[PDB]
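Only one structure is covered here, and it is reproduced in the block below.
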4 protein chains.
Amino acid sequence: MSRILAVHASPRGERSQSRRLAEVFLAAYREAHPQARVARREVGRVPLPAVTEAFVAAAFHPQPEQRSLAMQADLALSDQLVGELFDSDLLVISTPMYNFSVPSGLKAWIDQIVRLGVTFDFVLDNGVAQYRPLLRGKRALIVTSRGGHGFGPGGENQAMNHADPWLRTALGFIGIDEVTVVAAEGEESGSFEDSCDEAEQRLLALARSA
Amino acid sequence: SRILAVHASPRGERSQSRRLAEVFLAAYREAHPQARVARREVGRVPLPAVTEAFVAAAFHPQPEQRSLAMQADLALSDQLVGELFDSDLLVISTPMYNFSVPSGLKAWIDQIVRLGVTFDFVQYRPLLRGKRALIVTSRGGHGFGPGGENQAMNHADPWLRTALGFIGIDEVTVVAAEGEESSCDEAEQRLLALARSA
Amino acid sequence: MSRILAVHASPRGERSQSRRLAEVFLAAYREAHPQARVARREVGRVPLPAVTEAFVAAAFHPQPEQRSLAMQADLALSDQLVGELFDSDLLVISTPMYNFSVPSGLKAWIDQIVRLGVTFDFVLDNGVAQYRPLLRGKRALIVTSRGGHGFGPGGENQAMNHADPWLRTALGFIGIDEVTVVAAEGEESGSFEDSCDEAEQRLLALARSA
Amino acid sequence: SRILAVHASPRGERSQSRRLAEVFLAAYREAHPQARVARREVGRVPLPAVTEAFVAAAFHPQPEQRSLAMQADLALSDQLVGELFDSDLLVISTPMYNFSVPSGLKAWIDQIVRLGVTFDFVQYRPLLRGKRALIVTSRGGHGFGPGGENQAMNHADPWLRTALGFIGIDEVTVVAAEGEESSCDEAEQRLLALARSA
Ligand SMILES: Cc1cc2nc3c(=O)[nH]c(=O)nc-3n(C[C@H](O)[C@H](O)[C@H](O)COP(=O)(O)O)c2cc1C
Ligand SMILES: Cc1cc2nc3c(=O)[nH]c(=O)nc-3n(C[C@H](O)[C@H](O)[C@H](O)COP(=O)(O)O)c2cc1C
Ligand SMILES: Cc1cc2nc3c(=O)[nH]c(=O)nc-3n(C[C@H](O)[C@H](O)[C@H](O)COP(=O)(O)O)c2cc1C
Ligand SMILES: Cc1cc2nc3c(=O)[nH]c(=O)nc-3n(C[C@H](O)[C@H](O)[C@H](O)COP(=O)(O)O)c2cc1C
Ligand SMILES: O=C(O)CCNC(=O)c1ccc(N/N=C2\C=CC(=O)C(C(=O)O)=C2)cc1
Ligand SMILES: O=C(O)CCNC(=O)c1ccc(N/N=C2\C=CC(=O)C(C(=O)O)=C2)cc1
Ligand SMILES: O=C(O)CCNC(=O)c1ccc(N/N=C2\C=CC(=O)C(C(=O)O)=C2)cc1
Ligand SMILES: O=C(O)CCNC(=O)c1ccc(N/N=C2\C=CC(=O)C(C(=O)O)=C2)cc1
């Protein structure tokens with residue numbers, strides 16, 4: 001009985017390991033819940049617009065009900081993206097690690113959905129902005145694939161990981177505090193089979209209990 | 001020194017990080033009248049994301065055999081990398097957006113980290129050398145710098161160091177302006193001082 | 001009692017004459033029909049993806065029910081764009097003339113909505129593909145603004161007009177044969193006031209009778 | 001001759017218009033071993049649309065006073081125009097998409113028609129001279145060429161002539177392959193003949 005939003009961030013299709021692993025979760029979830037709604041939002045194989053100055057002017061307008069129609073057009077994609085999120089209970093993000101972070105498309109999706117007055121708010125206490133998240137009741141699953149090894153907790157390269165740790169922080173800011181990460185490592189060295197098998201078993205167990 | 005200046009804010013006149021970087025650049029020019037500055041805009045104009053075509057071309061096992069179509073998939077990348085090779089000092093100006101950098105700057109990084117060109121594999125090895133970087137960043141909030149209560153939330157410039165470090169840019173200076181949504185004088189003064197000695 | 005799809009193609013906001021003139025029509029239509037639905041689709045101030053080879057492979061797939069999930073993701077924007085069109089009775093397009101044609105964003109929107117099996121079909125008679133439109137019951141209004149003069153019927157530069165004449169042809173291919181064009185000329189020379197006044201009077205009359 | 005080759009199909013190996021243009025280019029190179037070819041991809045990589053920032057910059061009443069931000073809005077445009085100025089023969093390969101050209105090619109045209117640079121106003125005047133163009137186009141259907149039953153539906157190459165003509169490219173040859181969805185030998189042979197004399 002969960003409404004799902006699945007956001008796919010790899011540019012690769014059938015060859016994407018993070019997409020493949022997320023679809024394993026999604027299809028397993030579907031077996032346990034034949035009537036559940038799954039919405040898919042592509043941010044890897046299709047371009048997502050970067051934040052523009054026109055976006056900034058509209059999103060942060062002091063009196064939002066006065067936005068011109070052109071300004072509203074600047075926020076239209078964002079509203080649709082935010083709407084999908086509000087209409088979901090569980091958010092699944094699949095993503096590669098690209099250069100120690102996420103693909104630029106995912107960063108752009110994040111930039112569209114953190115919206116003043118919509119997914120976060122603030123007040124000034126003694127002149128200092130205090131921030132409050134506006135999403136509530138959400139969960140998130142991050143499914144990730146990496147070419148190298150050691151980027152996870154306790155790993156030799158843990159300090160170079162600005163992908164899922166950064167995702168955690170951004171999602172938490174808008175109120176998604178329950179976040180699970182499943183990772184496959186060693187993709188470039190292909191061992192990697194063990195890593196993917198373990199990721200699949202983990203996701204199957206999460207699907208059953210979700 | 002030859003300077004490549006990468007601007008990441010979508011804002012023009014209103015941008016603090018652009019304005020501060022331009023303060024430095026004008027002061028560096030006075031102290032070194034023969035300096036060349038190349039500007040690469042990644043904030044006010046779109047920069048394409050990495051695609052599957054790009055992955056196939058960039059990681060081609062036998063680059064000398066890339067087809068014309070594959071080379072076309074890498075043309076922007078080659079141009080971007082070329083700008084970096086022809087420079088001594090890299091200046092990057094950027095906002096913090098959602099605890100990281102604007103998507104355009106991430107896209108720029110994704111284009112210039114290139115197997116066989118800016119890094120190699122034997123174990124990974126940087127292929128750029130002799131370069132320095134100055135990162136100029138503006139943020140709406142407070143406490144994202146060294147020793148700050150929000151330091152562990154900062155995935156902008158610390159991530160930049162990691163990516164720059166991987167391709168061999170080790171000498172990196174960060175000058176940050178905080179409290180934009182609520183220091184610029186200090187950052188400015190710091191940038192002028194820096195310009196008078198680089 | 002018409003459902004409206006308004007597609008705005010100028011990159012300019014408050015300064016857009018074609019956008020301004022179309023909103024005049026839309027607000028006049030709204031006065032006569034308080035309960036009518038108007039959907040707005042921005043193709044000028046926001047990027048619209050160009051057709052890719054991945055798009056081609058999916059749209060023209062011989063057995064569409066076998067498209068992979070990745071392929072479907074390649075068509076997702078297109079489906080949403082086509083859906084807006086099917087859900088409308090009247091299509092309003094506002095557009096500048098740019099270099100004797102339309103802005104690239106509008107061309108991209110057109111490239112997304114002409115879809116095999118969806119807005120057009122074909123069969124082979126003696127080996128020759130015969131095309132059949134799939135949209136029916138639609139009308140279209142094209143509102144256009146031009147910097148120069150003489151691009152309309154009988155004008156000295158009529159043969160250089162590949163904007164609205166080309167729109168007519170593309171819309172007709174998918175079945176929109178009832179098409180009206182309202183044009184303001186002389187924008188770069190600013191006379192132009194006469195041209196805009198006449199365009200407004202024309203659009204107000206069309207709104208009342210629609 | 002110096003050649004600028006603009007490719008408009010999103011397709012790679014499978015593209016007919018790209019393949020035919022490459023047949024011509026290879027044959028022109030054999031006949032003129034010292035020729036330089038610049039390739040500009042507008043089909044397989046995105047090309048930005050004109051924005052309002054671009055309009056404000058390009059039609060600036062006093063260009064010498066454009067701010068750095070405005071110049072950045074025109075950087076791609078300047079690079080694209082530069083390629084055109086440095087060439088003698090422009091070769092454009094393109095599909096017909098929906099009775100016109102792919103959106104990328106329209107975007108390319110929108111970037112290179114520039115007030116004060118490729119055309120002027122006194123009455124409009126072309127500023128490019130001494131250039132030729134070869135347009136190589138592939139179409140799925142039949143009868144879109146001169147004397148064809150669908151000639152009045154053709155807004156691809158005839159529109160290209162109008163846009164090219166406005167900026168001063170008057171000498172234009174069109175070679176078309178039709179019936180792709182259902183002539184290439186002829187077009188090919190025609191391209192080889194053309195290469196052996198340009
Ligand atoms: C542009 C690019 C950047 C990459 N950066 C990293 C990286 O920083 N660290 C890493 O371990 N692997 C990196 N990789 C390897 C990918 O993370 C790995 O191939 C991953 O499985 C790709 O995700 P996908 O299979 O879902 O497409 C990179 C790959 C590409 C194409
Ligand atoms: C989309 C967006 C996201 C932002 N995210 C953060 C943030 O995570 N932390 C912060 O301190 N400020 C944030 N800000 C505020 C900007 O960092 C601040 O306005 C900065 O000065 C913008 O850079 P610029 O002036 O060079 O355009 C954000 C602003 C925008 C528009
Ligand atoms: C890039 C560009 C190309 C243009 N090309 C033409 C043209 O080919 N013919 C013409 O008469 N006006 C041309 N114009 C002028 C515009 O058509 C005119 O300013 C129009 O009103 C702009 O539409 P808008 O007001 O809705 O933004 C062009 C303007 C721009 C910015
Ligand atoms: C989106 C799209 C639109 C097309 N529109 C037309 C058309 O209007 N008329 C036509 O004859 N063929 C049309 N075609 C068929 C192509 O013109 C034909 O496949 C051509 O060879 C493609 O060029 P390329 O092989 O260089 O990629 C269209 C194809 C696509 C994918
Ligand atoms: O000394 C220290 O703590 C750290 C020193 N560096 C390491 O140990 C190290 C670095 C990268 C890595 N992953 N492969 C990657 C990383 C980044 C990429 O962009 C690509 C790519 O294919 O583009 C592949 C595993 C280990
Ligand atoms: O419990 C934990 O791990 C962390 C506890 N949260 C904090 O103390 C905190 C969070 C964010 C912050 N930055 N403000 C920002 C962040 C996002 C924006 O979009 C803007 C904006 O101006 O648009 C400004 C300062 C302090
Ligand atoms: O001899 C013949 O039949 C035709 C000879 N040319 C003409 O008479 C003529 C050309 C253009 C025009 N409109 N202004 C324009 C046209 C194209 C543009 O790109 C721009 C722009 O601002 O970018 C403005 C009016 C008349
Ligand atoms: O009555 C009138 O004005 C016109 C009468 N219609 C005709 O005779 C006619 C129309 C289109 C055509 N080209 N085929 C095309 C057009 C669009 C496509 O997307 C494809 C494709 O392969 O995807 C191929 C040939 C003939």
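A note on names: the letters A, B, ... follow the listed sequences, proteins ahead of strands, and every chain is numbered from 1. For ligands, and for the atoms within them, numbers begin at 1 and follow the listed sequence. Atom set for the values below is all heavy atoms of this structure, side chains included, hydrogens, waters and symmetry mates excluded.
- The drug assigned to ligand 5 in the PDB is balsalazide.
- The chain forming the most contacts with balsalazide (ligand 5) in this entry appears in UniProt as FMN-dependent NAD(P)H:quinone oxidoreductase 1.
- Heavy-atom contacts below 4.0 Å between balsalazide (ligand 5) and other chains occur for A, B.
- Heavy-atom contacts of balsalazide (ligand 5) within 4.0 Å involve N99(A), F100(A), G148(A), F151(A), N157(A), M160(A), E188(A), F59(B), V113(B), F119(B), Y124(B), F166(B).
- For chain A, the UniProt FMN-binding residues having a heavy atom under 4.0 Å from balsalazide (ligand 5) consist of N99(A), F100(A), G148(A).
- Result for chain A: of the UniProt substrate-binding residues, balsalazide (ligand 5) comes within 4.0 Å (heavy atoms) of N99(A), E188(A).
- Considering backbone and side-chain atoms together, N99(A) places an N or O closer than 3.5 Å to an N or O of balsalazide (ligand 5).
- Atoms of balsalazide (ligand 5) found under 4.0 Å from any heavy atom of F151(A) (numbered from 1 in listed order, with element): 12 (C), 13 (N), 25 (C).
- For balsalazide (ligand 5) and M160(A), the ligand atoms under 4.0 Å from any heavy atom of the residue are 4 (C).
- Taking every heavy atom of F59(B) and a limit of under 4.0 angstrom, the matching atoms of balsalazide (ligand 5) come to 22 (O).
- In the entry, the organism recorded for chain A is Pseudomonas aeruginosa.
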